[PDB]
> 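Got a PDB entry here containing golimumab. Few questions.
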Amino acid sequence: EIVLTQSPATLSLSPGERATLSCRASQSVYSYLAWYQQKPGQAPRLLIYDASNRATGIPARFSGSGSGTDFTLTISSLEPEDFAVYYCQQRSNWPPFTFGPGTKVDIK
Amino acid sequence: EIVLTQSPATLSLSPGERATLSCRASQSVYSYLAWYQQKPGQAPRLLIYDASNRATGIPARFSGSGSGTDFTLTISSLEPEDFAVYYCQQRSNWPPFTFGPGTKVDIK
Amino acid sequence: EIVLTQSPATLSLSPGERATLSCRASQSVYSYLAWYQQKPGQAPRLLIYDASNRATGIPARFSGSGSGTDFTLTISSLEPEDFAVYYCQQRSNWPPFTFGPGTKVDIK
Amino acid sequence: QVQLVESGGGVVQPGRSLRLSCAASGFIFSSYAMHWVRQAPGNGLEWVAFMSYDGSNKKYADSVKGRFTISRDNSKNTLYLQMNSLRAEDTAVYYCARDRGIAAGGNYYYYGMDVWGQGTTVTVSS
Amino acid sequence: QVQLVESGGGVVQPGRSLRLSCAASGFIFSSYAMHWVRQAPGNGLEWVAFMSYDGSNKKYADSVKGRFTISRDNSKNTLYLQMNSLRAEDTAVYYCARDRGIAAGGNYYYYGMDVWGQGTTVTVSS
Amino acid sequence: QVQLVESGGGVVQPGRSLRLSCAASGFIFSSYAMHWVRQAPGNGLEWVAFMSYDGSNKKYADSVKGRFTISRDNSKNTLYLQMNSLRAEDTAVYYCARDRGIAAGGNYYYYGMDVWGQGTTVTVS
Amino acid sequence: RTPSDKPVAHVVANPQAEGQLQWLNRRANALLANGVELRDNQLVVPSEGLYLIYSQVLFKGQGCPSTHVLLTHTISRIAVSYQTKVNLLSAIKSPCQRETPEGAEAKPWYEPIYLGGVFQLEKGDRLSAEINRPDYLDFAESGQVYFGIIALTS
Amino acid sequence: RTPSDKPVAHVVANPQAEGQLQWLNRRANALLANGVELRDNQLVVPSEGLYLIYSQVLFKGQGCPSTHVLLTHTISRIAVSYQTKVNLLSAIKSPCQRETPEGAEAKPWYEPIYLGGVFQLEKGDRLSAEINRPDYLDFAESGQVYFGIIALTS
Amino acid sequence: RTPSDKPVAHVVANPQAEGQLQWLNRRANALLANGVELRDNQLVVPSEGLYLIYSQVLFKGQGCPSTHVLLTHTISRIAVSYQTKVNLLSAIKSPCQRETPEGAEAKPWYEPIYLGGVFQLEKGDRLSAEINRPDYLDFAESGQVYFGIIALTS
């Protein structure tokens, strides 16, 4: 019932630039949305929970914002460690716990 | 208002045999019923509470069952110390906390 | 809306005598009334809260009583420490947290 | 370490009064309800009285209603049974017991009386 | 160890602004409501301002309403009083005090102000 | 010390069954809800299953409904996934993750999945 | 039947009842008039029309047991020559989150449930106001447990 | 104040009242018509008949004090030349299980109580909707405290 | 559907709705007759008169989040001439006393809210029954969420 879009599919930037990741839902999901980071060869890692709250131990450059259908994850200054795949997760029931398509971030 | 019957009045068994004691209530008390043991010359000892729950420190050979008006206390294997008087207590309000007539358990 | 009176303005007693301080409210404040003591050169000190409860560490000779519009602070036997200024505070909202005019208890 | 210790029994004449005590130790006495339960010589157990942790709820058996009064002192951690208008039928051994006091509708009480005192003997001769 | 320590007072011209601070230590400051209470030289106590634990409720005396602004920083464990348009009637020693904030209907407050600061003197030169 | 350790994956012919395990340690496992989340080779994450702390609420993805069964044993502090009638689309790396289980109306769940297992590979072909 | 012949019923819980919900009518300010019957602890509707149905129950507890305690109150109707019962009104409350620990006081708590609404009823419907935990019922005071309907049109 | 000559009343709590429950009517969406009077904080009934009686109160608090807090709401009736008041509706709630510990935030809480039922009343009866803790009353918003009756017959 | 034509309405929450409060008149024991309309999730009044307005919502949760959770239920009116929404009935509940700590079970809880009262309405007034937290809404069973009015005069 709920469809997750993530823009852009691929973002190619240099270290130090601002990264803006977008997650859109076909219907309103209030603020029950999370952001996860997956580095190559590792399990997923919780970045943001409930749209805007930063998880424990996460650097201050990551920030979440948005509500309803529009969500944004901003990295004020890209670090080399931050080049990975980022997924948004809507935590409603229809359908339950759906992950987005993911956005990969690489070097120029 | 509620009358408790206890059968049998006297139980004479040998060590190792299974004892089956009966407690009946004239009206339903749901599962608010307890079983107490009193050895000669000692205070009563809580055996069973809420019909089927075994009290702390009570050996596993004692077991309680029943509901509504019919309750049963089973001792699967008599020990030389289990020979005592056993009382059931209904824990409703009419009248409150009434004890049964008791069942006497002896050897031979 | 609420006016606090405190009688008498000055109370002159000898050490060992009994002090009776009066606090009256133009309208009922139930038992939401407190008593504070202020000695020369210090910040006020909570004596009684909710009309009759004695605060922790306060000597047992201080006692509060009364309700509605009439409140009384009794010091059964004055000690040299007890010569200070005593204020009552009504803790309603109209107007909020108003202090009384104060009663000075001195020797002569 | 968890114990109830009773006292106050003895030989009394009918119509007099006697007060039984039950000193608690080893547990938070102010949180438990308390029962008085007596046992006549050669007879079974008979529930006498009950009170909740702060005394808000008091219950008495019909045979002692109007003559007995259960009370409690939470600073001394002690339970009391005041027996007025003693009768010969009050001759029994008296136990106190603790109870969690958890109930439904004030009518049905879960669990049971798990620890008891050693008992104190009351004889109403004449 | 449980203490409130105020600071910032002094001699200020009329019409100017001043910010009083009240650093807390020794207790969970973020759970208590806070009051400002002042005392003119030779006068009694006058309640000034109040705020709840998270700033949801703010209350002011009529004589300071529109000029004073109470605030709080729970990461610094500090209470603030912002004083604008200082007048001669504001000359007083200012105390901060903690409060449990337990209330009925948001109108009647139980308990009282149990720990206070040493005070800070504010004088409006005129 | 707080960790999840999975096991049981492997190479299976289609239509057979395989049972995945997820032993928890370092935290009160009996208080957390649990998720199974898989990742196909070269694909993204796909949520598989969920159960609450006592198993009162269970949820499954549509692609696995009727074939998978999530369960738990709180005395052994372990989570289980029973996979029957494996297809080719089930070939993936499977992770388990814990969740606070705090929700509104049983439909919207706060927080997120904060600790995960190392994953176990299942290949069906 | 001194009113305008409207079917009406307002029954209360029997205070003499021992841990069981039995509806009675012979009370002060409790009524049962103009065709409404009371059979098998149910209210029998005499006329087709729009009825106001309401009920209040009051639960009381001392502490919390180890098992979870859910309090439900439900008004349902059984049609004439009908096996199943369709629920009209229903409410749930959960007063006990956790078990009272050993060494903690069994503090008392109170929980009311109120249900009300307008429903079309046919002649012969059997209305029931039921609870799931009769042992938690509290009828210590008069006006605390009741069940009533009244026809607004017929 | 005369729509169709049916006795009606819906009064609300005075928002300007200080720790006191005073019923008022002059407000938009509050009515008092067709003989029903308001005297001495009570509703006076003009005609004998079957009335719908209802009332809601809303309590608010910040934390929990050391003393136990019980919130009661009661609708009671006084007959003509009678001297006792019979309680018609009544409900109890217990918002505070334990005292808010020192070092814990005084978090706000709300507790509504709703009462409703149908009763036969005679001419001259005085109805009162009373609470036991006026200091906990919350009429910060409009539709939170109210008390109403309406004749269904005669 | 009665000899004396009378505006009446009793709508229920859509079970198929996804975290939203949507009123429907399409199931057993839900009605919408005699001029009362349902437009934009609102009830449209056909005649001037005295109406009984009632509504119940039921909320459910698993544990408590870090933010304080207030549950509000409010019935409001939009006149044919006035500017906005005037609240007729409103109630607030606070189900969460503190956040569920890490390592503790997210135990379920239920909280119903009932609103009812009589109001004079003009022809064309819109009525809305709203909540503030649709995500906490519970329509798992039939008779748990509903919203109804019925004219008692005209």
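First the proteins, then the strands, lettered A, B, ... as listed; each starts at 1. Side-chain atoms are counted along with the backbone in the values below, which use heavy atoms only and exclude waters and symmetry mates.
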> Give every ligand number or chain letter for golimumab.
chains A, B, C, D, E and F
> Which molecule here shares more close contacts with golimumab (chains C and E) than any other chain, as UniProt names it?
Tumor necrosis factor, soluble form
> Which other chains make heavy-atom contacts with golimumab (chains C and E) shorter than 4.5 Å?
H
> How would you list the epitope of golimumab (chains C and E) on chain H, counting residues with non-hydrogen atoms under 4.5 Å from it?
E18(H), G19(H), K60(H), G61(H), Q62(H), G63(H), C64(H), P65(H), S66(H), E99(H), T100(H), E102(H), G103(H), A104(H), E105(H), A106(H), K107(H), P108(H), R133(H), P134(H), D135(H), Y136(H), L137(H)
> How would you list the paratope of golimumab (chains C and E) for chain H, using a heavy-atom cut-off of 4.5 Å?
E1(C), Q27(C), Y30(C), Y32(C), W94(C), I28(E), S30(E), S31(E), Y32(E), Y53(E), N57(E), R100(E), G101(E), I102(E), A103(E), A104(E), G105(E), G106(E), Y108(E), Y110(E), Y111(E)
> Any idea which UniProt domain of chain H makes up most of the interface with golimumab (chains C and E)?
THD
> What does the entry say about the source organism of chain H?
Homo sapiens
